[PDB]
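Index from 1, following the sequence. Both ligands and their constituent atoms are indexed starting at 1 by order of listing. This entry, so its header tells us, was determined using X-ray crystallography, 2.3 Å.
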Amino acid sequence: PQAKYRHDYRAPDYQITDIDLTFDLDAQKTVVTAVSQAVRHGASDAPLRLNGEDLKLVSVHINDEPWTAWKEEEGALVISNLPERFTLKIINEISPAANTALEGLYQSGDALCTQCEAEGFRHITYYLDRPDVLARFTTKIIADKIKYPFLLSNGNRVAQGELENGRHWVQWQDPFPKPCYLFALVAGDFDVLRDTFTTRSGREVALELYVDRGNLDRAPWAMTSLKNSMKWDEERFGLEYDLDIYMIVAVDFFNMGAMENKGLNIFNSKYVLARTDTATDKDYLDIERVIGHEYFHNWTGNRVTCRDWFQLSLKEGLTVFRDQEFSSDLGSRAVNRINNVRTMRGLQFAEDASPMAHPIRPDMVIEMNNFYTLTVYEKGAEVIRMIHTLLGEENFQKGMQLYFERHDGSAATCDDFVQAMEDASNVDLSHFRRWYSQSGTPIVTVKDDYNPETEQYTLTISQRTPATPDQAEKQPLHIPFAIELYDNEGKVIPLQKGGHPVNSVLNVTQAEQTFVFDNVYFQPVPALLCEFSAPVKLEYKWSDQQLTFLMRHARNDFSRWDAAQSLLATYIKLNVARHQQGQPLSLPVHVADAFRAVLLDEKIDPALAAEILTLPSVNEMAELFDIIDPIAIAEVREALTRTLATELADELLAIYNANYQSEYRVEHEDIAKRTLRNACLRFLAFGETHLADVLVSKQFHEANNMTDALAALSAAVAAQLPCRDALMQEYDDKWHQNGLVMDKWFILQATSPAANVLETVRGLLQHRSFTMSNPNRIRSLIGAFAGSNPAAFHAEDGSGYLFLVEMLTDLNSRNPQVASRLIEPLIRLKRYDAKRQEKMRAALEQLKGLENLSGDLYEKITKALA
Ligand SMILES: CC(C)C[C@H](NC(=O)[C@@H](O)[C@H](N)Cc1ccccc1)C(=O)O
Ligand SMILES: [Zn+2]
């Protein structure tokens, strides 16, 4: 399995300008005929090298002449002695029914569908499977009419006929040149929700949402979100849809969440199907996000695509930035910013400290599907947001406009995008480009001084990025560091120096620098790195009272929540050391009081109150420690929950009851009150046992929506309440026929604090609703245990590791892309104590000796064992 290197990029020897595909479709045996119009660019003696995986070649013709100057090798068809321009015809067979890996053409229940990104099209036919080759596709599909009445591909429906023996065919044509990763085909029998969107310039777009028969009742919300996404992209970015049809197909069997195939998105049905009794507020907001995200790729990804896969972040970071802007504009900006920062600090930082650490533009890749990461996505989007911060909205939109103007119709690079932002704005981004090529999280250390005699405040800011496995050399970055200074009244002190205003976004571009502010009439309380202005670790010696002052006075809701996190961080760390010495929780009175004040603040946005009253996850808590103690973290989280439930019992029950809502609305103000109410419930579940059991049981049974019912069930599990087993059994009996709803239940089982959690998880491998054939079920049961129950996964007897090895031994052959998502908890071994590393190392060595080890797992295992 060979590494590929970004510095090896070379323009292709041949282009394909047009491809005409014919699928004679059958689950056991599909015959693909592919007629491509090719043009030599390279040396006249260069062979055409086509990618192909698991393809049965039937014939090779060049201008209709059967070709003798070719050979097959590992993953390729090499064709020699070609004219400068020619028609390539390939005929080959593939077998959808045998495709367990779910890449290329496969079976989803009774449907046939495709997944081609990153390199899945070479599983369908021999092709230039590289994103800088853009061709105009036309696609004829021939299939059994009763089994596949709907035959879908990208673009517009240009031809159709019937044939003998109950077959029919449809031809599609997509006028936009595309890399083959954007190719899609779907065959099956669906219910179809149809609607329309009229674009701002009056183009009328048929919207079509394909769902399994019987699911039309779960489709309107995805349709609404689609129109919302199209409207928003017009208002915010000035971007209109460019075709006449927009199709989305919800499939149950899918390795990822969704895919932006031009004019024909394929979606995991998890990101389509919602009804108020099956779906939570979080599902609704996720559907909106993911619908919007694939929609936004129509421009940032499709109209302008990626020159090579090392440029992935060019589309993913930028499209994540967009879906965050969408969610934030439509919903609560503060809650969105808070949650995206949780993800950054709790999940992405961990990856940047891992053996899989990489720059947002990687330099080296063995298996490209291994790089659809928190780094390329979430940190990518933080980098885009820093550009936005440096340029401001107006110049940022100008840089978007110049980007499309220069690159519409072509495959571009990260550096092109930076270049467009830089030229449109006249902001210098040459230093800034270092964020693309350097991995690891910078640590920004702040020291301050107030001088009463000169009324000057001085910040001495430094930065370093520790070395990572992949990079021995590190250099300072261009770090936009936003500050605000508060006087004793909570008023913002104007920033200025020598009689002139100073931008509150400081340019931290050196290893060490000093910033001096004048006319600081009172010793300030600083808010630092406001709105998480650079993806960095902040090191500043806060006092508790600086932090409670910020919770009370900071202008932006994000800084209030962030202050609360810095306050908690101190006491999480205190109490994990205590836990390790056998000592019970200790928390000063004035900390509990900051949280009492939040509960009883009548002016606070409930959306903000709810986030402050949501404790860091065990994953955000882990990132406060060099060496992770997963059991101490888990138990301290619980003890902190119990302590606050006891100290704030009366205030919690009052705020819980005050936020009752008899109507269920998917509306942001209602979501916010319900999130606060359920945050109050979480603590109440951990107070006095009889009261808790009554409250939780009652909520589960009286809920008129899945949000309140799951919140209850999930508190029953978390606090191991007496009602737990009956409620869990009831949900099983009601919902077992419905995989997406049962995924919620598998997650709760997988993340239970019960002593016997692993025994229960293993038994659930035999559950009526579970199957190894379904990525959703695998992730919900096995992935949630290994990744979201660190206390049990890291049981000291090493039983967690052995369990995962067993599962990955299966999945390595069945579905390597899911195997490689699931191995991730094991590759974090260097973060754990020496006894744990030794057991995890041993598990990894077991996996490395597997016969037919997939490249997907090979890459991670070898970096981890190094
Ligand atoms: C980031 C989210 C909004 C959803 C996310 N999907 C995407 O990013 C799509 O735009 C990707 N282009 C789909 C993808 C993901 C992983 C591997 C190959 C292809 C997914 O998880 O599928
Ligand atoms: Zn994407």
Chemist: Provide the name in UniProt for the chain that contacts ligand 1 most.
Modeler: Aminopeptidase N
Chemist: Tell me the drug found at ligand 1.
Modeler: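 PDB records name it Bestatin.
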Chemist: Considering only the protein, which heavy-atom contact is closest to atom 13 (C) of Bestatin, and what is its distance?
Modeler: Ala258 O, 3.1 Å
Chemist: If you take the residues UniProt annotates as binding substrate in chain A, which of them have a heavy atom under 4.0 Å from Bestatin?
Modeler: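 From UniProt's list, the heavy-atom cut-off leaves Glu117, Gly257, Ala258, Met259, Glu260.
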Chemist: Any idea which protein heavy atom is nearest atom 22 (O) of Bestatin, and the distance to it?
Modeler: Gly257 N, 2.6 Å
Chemist: Around atom 2 (C) of Bestatin, find the nearest protein heavy atom and jot down its residue, atom name and distance.
Modeler: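 Result for atom 2 (C) of Bestatin: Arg289 NH1, 4.1 Å.
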Chemist: Give the numbers and elements of all Bestatin atoms closer than 4.0 Å to a heavy atom of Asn369.
Modeler: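 Under 4.0 Å from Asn369, Bestatin has these atoms: 17 (C), 18 (C).
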Chemist: Could you establish whether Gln817 and Bestatin come within less than 4.0 Å of each other, counting only heavy atoms on the residue side?
Modeler: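 In this structure, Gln817 fails to qualify as a contact of Bestatin - no heavy atom is under 4.0 Å.
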Chemist: Where is the nearest protein heavy atom to atom 3 (C) of Bestatin: which residue, which atom, and how far?
Modeler: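 Protein heavy atom with the smallest distance to atom 3 (C) of Bestatin: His293 CG, 3.2 Å.
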Chemist: Number the atoms of Bestatin from 1 as they appear, then name those within less than 4.0 Å of a heavy atom of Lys315, with their elements.
Modeler: 12 (N)
Chemist: Could you list the atoms of Bestatin found under 4.0 angstrom from a heavy atom of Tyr377?
Modeler: 1 (C), 7 (C), 8 (O), 11 (C), 15 (C)
Chemist: Of all the non-hydrogen atoms in the protein, which one sits nearest to atom 16 (C) of Bestatin, and at what distance?
Modeler: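 That would be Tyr372 CD2, 3.4 Å.
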Chemist: Tell me which part of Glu117 gets within contact of Bestatin: side chain, backbone, both or neither, using heavy atoms under 4.0 Å.
Modeler: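 Answer for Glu117: both.
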Chemist: With Bestatin as the reference, which other ligands or ions fall inside a cut-off of 4.0 Å?
Modeler: ligand 2 (zinc ion)
Chemist: Name the UniProt active-site residue of chain A nearest to Bestatin and give the heavy-atom distance to 1 Å.
Modeler: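 Heavy-atom nearest UniProt active-site residue: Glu294, 3 Å.
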Chemist: Polar-atom distance check: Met256 versus Bestatin, any N or O pair below 3.5 Å?
Modeler: no
Chemist: Students should be able to answer this: which protein heavy-atom is nearest to atom 5 (C) of Bestatin, and at what distance?
Modeler: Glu294 OE2, 4.2 Å
Chemist: Distance under 4.0 Å to a non-hydrogen atom of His297: what atoms of Bestatin satisfy this?
Modeler: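 In order of number, 10 (O).
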Chemist: I'd love to know which residues UniProt tags as binding Zn(2+) in chain A are close to Bestatin, meaning a heavy atom under 4.0 Å.
Modeler: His293, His297, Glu316
Chemist: Look up the source organism of chain A in the entry and report it.
Modeler: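 Per the entry, it comes from Escherichia coli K12.
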Chemist: Using a 4.0 Å cutoff against the non-hydrogen atoms of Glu260, which atoms of Bestatin qualify?
Modeler: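 Bestatin atoms under the 4.0 Å threshold to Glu260: 9 (C), 10 (O), 11 (C), 12 (N).
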Chemist: I need the residues around Bestatin for a figure - heavy-atom cut-off 4.0 Å, please.
Modeler: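 Heavy-atom contacts: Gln115, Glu117, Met256, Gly257, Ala258, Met259, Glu260, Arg289, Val290, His293, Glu294, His297, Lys315, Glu316, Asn369, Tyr372, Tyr377.
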